[PDB]
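Report on the structure given below.
A, B, ... follow the sequence lines: proteins, then strands. Residue 1 opens every chain. These numbers come from the heavy atoms of this one structure, side chains and all, not from hydrogens, waters or symmetry mates. Ligands are counted one by one from 1 in listed order, and the atoms in each one are counted from 1 as well.
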Amino acid sequence: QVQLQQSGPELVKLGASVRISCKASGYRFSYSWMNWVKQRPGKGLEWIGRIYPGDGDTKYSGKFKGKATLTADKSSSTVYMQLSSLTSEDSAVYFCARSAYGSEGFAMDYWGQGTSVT
Amino acid sequence: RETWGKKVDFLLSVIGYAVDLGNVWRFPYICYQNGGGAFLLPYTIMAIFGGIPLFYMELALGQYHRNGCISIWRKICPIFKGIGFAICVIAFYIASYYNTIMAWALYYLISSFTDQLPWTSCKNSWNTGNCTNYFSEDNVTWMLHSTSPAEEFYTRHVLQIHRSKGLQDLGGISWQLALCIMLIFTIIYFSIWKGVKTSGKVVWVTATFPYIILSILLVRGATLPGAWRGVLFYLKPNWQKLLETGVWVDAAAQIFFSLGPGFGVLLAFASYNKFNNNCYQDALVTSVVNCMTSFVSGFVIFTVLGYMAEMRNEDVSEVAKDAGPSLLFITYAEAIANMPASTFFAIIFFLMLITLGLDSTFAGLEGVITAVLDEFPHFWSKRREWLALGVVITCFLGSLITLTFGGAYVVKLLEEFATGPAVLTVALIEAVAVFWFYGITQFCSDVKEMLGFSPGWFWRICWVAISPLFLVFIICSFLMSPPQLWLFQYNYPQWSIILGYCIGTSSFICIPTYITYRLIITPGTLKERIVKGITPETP
Amino acid sequence: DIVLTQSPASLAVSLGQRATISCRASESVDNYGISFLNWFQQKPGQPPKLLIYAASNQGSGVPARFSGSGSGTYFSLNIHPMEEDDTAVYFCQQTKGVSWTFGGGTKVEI
Ligand SMILES: CC(C)CCC[C@@H](C)[C@H]1CC[C@H]2[C@@H]3CC=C4C[C@@H](OC(=O)CCC(=O)O)CC[C@]4(C)[C@H]3CC[C@]12C
Ligand SMILES: CC(C)CCC[C@@H](C)[C@H]1CC[C@H]2[C@@H]3CC=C4C[C@@H](OC(=O)CCC(=O)O)CC[C@]4(C)[C@H]3CC[C@]12C
Ligand SMILES: CCCCCCCCCCCCO[C@@H]1O[C@H](CO)[C@@H](O[C@H]2O[C@H](CO)[C@@H](O)[C@H](O)[C@H]2O)[C@H](O)[C@H]1O
Ligand SMILES: *[C@@H]1O[C@H](CO)[C@@H](O[C@@H]2O[C@H](CO)[C@@H](O)[C@H](O)[C@H]2NC(C)=O)[C@H](O)[C@H]1NC(C)=O
Ligand SMILES: COC(=O)[C@H]1[C@@H](OC(=O)c2ccccc2)C[C@@H]2CC[C@H]1N2C
Ligand SMILES: [Cl-]
Ligand code: NA
Ligand code: NA
């Protein structure tokens with residue numbers, strides 16, 4: 001069994017920063033990509049990036065190269081995520097997911113719980 | 001008639017022909033499987049007894065008549081003129097999978113041009129599942145179906161073998177491999193465009209880089225943790241395994257393959273030599289150089305294997321579950337991935353493999369061109385380029401089927417067939433014809449006129465006593481042991497063995513067909529029919 | 001960054017009617033025989049759940065009614081039959097080796 005745990009919602013002021021973690025257990029933590037998505041209230045999903053715990057390689061899709069940073073800690077088998085310069089535009093819920101194997105097309109099968117960031 | 005030009009040109013060309021891509025993995029595997037560290041003594045004995053004499057005979061035959069690989073028989077024994085066609089078809093069959101392996105190596109070199117080697121980690125798309133076959137395992141882990149990331153890179157990105165269900169589901173053509181093989185083919189065509197002058201000019205470059213590359217690889221492997229264990233593994237005599245004829249047969253087959261008599265390359269190369277050239281010294285130098293090169297290659301391969309085993313904290317030969325062309329692209333790929341200098345050494349090794357294959361490809365194509373052309377002397381105006389283009393196109397068509405996604409299966413089938421009893425039987429036919437129909441005394445007189453001194457009694461008794469006996473023993477041993485092919489998680493079906501046998505027979509069948517054609521084309525009685533084809537045609 | 005467009009934006013399908021959802025990308029997502037495209041499904045106030053991986057194989061805890069097929073550029077997802085619990089937004093996302101982008105989603109009502 002694979003279970004992903006996420007922290008509770010937080011409150012972010014103008015220009016502040018937030019730290020979101022994701023505990024992974026029940027599978028090979030170092031051999032599965034950890035990716036995060038952004039879901040606006042009433043809107044669709046939005047990919048924010050990914051990170052490989054076994055290599056520390058982070059990939060960014062949009063303009064979040066300098067806005068979102070992805071860090072991984074293999075000691076506690078959890079993946080962190082940091083965002084800088086947070087405003088009310090991004091007042092959405094961020095999810096955490098683990099990518100599946102390559103033969104399954106990097107399936108985003110396992111999800112977390114989502115944190116309501118204001 | 002044109003000569004080789006410089007004496008060093010022919011020596012370097014034949015040395016590059018002697019060294020082969022298959023001489024870097026087959027020799028260590030056959031020395032480890034049979035004999036062990038004591039494998040050198042039967043190897044050396046078989047070499048001295050039956051490989052050097054064949055090389056000397058082929059060099060003398062090429063130098064005497066200054067002809068190709070079909071007209072030589074017509075000059076010595078017209079009843080056996082199918083040997084040229086057999087050599088041509090053998091060379092084409094070999095060159096198909098050879099150019100396929102060249103395309104694979106070129107693709108590996110192209111993909112190894114990045115700062116981070118793509119097969120270091122299994123985070124990419126081609127690597128999907130098992131990833132517990134790694135280096136420096138801090139924590140204990142073991143699965144019965146583990147797969148190395150380098151194996152996934154080789155079998156799912158370069159070969160893309162996962163898209164094919166074997167020899168049956170053979171569909172899809174890789175475009176990157178197609179481009180790599182096209183560039184390799186055009187490089188080969190430009191290398192042998194005009195003739196032997198350009199061949200020697202390019203051999204001067206691509207026959208010296210492999211040696212310095214091997215020296216660099218050896219000095220790198222020596223200064224590695226655990227190289228001593230591999231050294232002892234390569235140098236651990238096992239005299240208990242030397243009590244059966246199987247090891248002797250394997251050593252004789254290995255040395256015959258490495259030296260390569262009857263391939264139709266030595267005759268063509270010696271045809272361009274001067275009439276007053278000492279072939280004895282050339283043959284001895286080539287033999288010792290090839291032997292030392294094979295020994296150095298075995299040393300470096302075993303050193304790398306021992307270093308890998310020490311890094312994996314396990315005994316050696318457990319990291320070599322597969323033997324063949326994939327052995328390099330797996331073990332050496334992992335070793336350079338774990339090496340502190342990855343890109344440079346990977347590029348150097350891939351360039352070494354490219355040069356090793358290219359030299360043999362030029363030698364084979366030049367031999368085929370000489371054999372085909374010398375049958376028709378009336379085509380010395382502008383036919384050389386057209387013939388080169390035609391043989392290149394034929395090789396491309398033959399390798400097109402091997403260029404598919406599941407082309408590794410057919411490549412291995414050819415390499416185990418395309419190279420094997422079909423060539424040894426041709427060499428045996430050549431030797432038996434020369435030493436029984438042309439006459440041993442006649443050949444000795446001819447070589448004495450060539451050099452100035454009659455050959456010693458050692459070669460005279462060897463060529464008639466032990467070389468044909470060893471060749472027929474090799475043929476009998478190989479024909480009495482059906483092969484059991486085994487690629488990655490795949491067992492070859494029964495019909496694959498039949499297909500391999502038929503394609504191997506299609507080369508040797510040239511000699512009986514030409515025998516029947518000459519029998520039915522030469523007028524006379526039943527007794528005089530053979531007589532006409534035995535005596536050489538008057539000049 | 002491959003741009004993915006999902007049409008129609010809103011689907012009105014009742015019980016007993018096949019619901020086909022198709023999204024078309026801009027570049028082919030097939031490189032090694034596997035289509036790097038997956039279909040999701042999320043309920044309001046619920047995390048999204050994977051339905052089919054590689055656009056051809058069903059998931060672990062996904063009902064067999066969420067069949068999907070397609071290769072190259074055009075992909076289709078058909079649900080037949082469907083119940084009142086399928087009134088969820090379906091998303092298709094590419095998983096290329098350079099960057100990942102999300103679609104727009106279809107608001108399934110009833
Ligand atoms: C031990 C491994 C790791 C590296 C060793 C390198 C040698 C095996 C290579 C490097 C240069 C090669 C040499 C390049 C020059 C030729 C000249 C050639 O000289 C001739 O006999 C003809 C020349 C003439 O006609 O003047 C003899 C072979 C030789 C020495 C070659 C023999 C094999 C050599 C030494
Ligand atoms: C240093 C060792 C561990 C490397 C293993 C390779 C050698 C043991 C083999 C490889 C090539 C063999 C050589 C091939 C050429 C012949 C020529 C031969 O010259 C002759 O005088 C015999 C012919 C004649 O007199 O008619 C002497 C032995 C020799 C050097 C052989 C000796 C043993 C050799 C060097
Ligand atoms: C006389 C006319 C002959 C016409 C052609 C006949 C072809 C017959 C079908 C191919 C016969 C088997 O083909 C040959 O099998 C032998 C073992 O048997 C394989 O040999 C393999 O195992 C042996 C050990 O037994 C090793 O020493 C060898 O290095 C390895 O390649 C050869 O690689 C393959 O070339
Ligand atoms: C590791 O490799 C093994 C075998 O190489 C894989 O086991 C096979 O998996 C496929 C697909 O999951 C099944 O169809 C086969 O039946 C399995 N083989 C056996 C003998 O059961 C295993 O899935 C790989 N690990 C991964 C992909 O994570
Ligand atoms: C597989 O056989 C070869 O590659 C042969 C040879 O190559 C060819 O004869 C050849 C023929 C046609 C195309 C390419 C190579 C190089 C050396 C010497 C004999 C043998 N190899 C050990
Ligand atoms: Cl050898
Ligand atoms: Na050789
Ligand atoms: Na070579």
What is the name in the PDB entry of the chain with the largest share of contacts to ligand 5?
Transporter
From cocaine, vaborbactam, hyoscyamine, can you tell which is the drug at ligand 5?
cocaine
Chains contacting cocaine (heavy atom, under 4.0 Å)
B
Report any other ligands and ions found less than 4.0 Å from cocaine, or state none.
none
In the PDB record, where does chain B come from, organism-wise?
Sus scrofa
Which residues form the binding site of cocaine (heavy atoms under 4.0 Å)?
B:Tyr17, B:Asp20, B:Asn23, B:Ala91, B:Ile94, B:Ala95, B:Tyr97, B:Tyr98, B:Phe257, B:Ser258, B:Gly260, B:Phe263, B:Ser360, B:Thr361, B:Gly364, B:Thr419
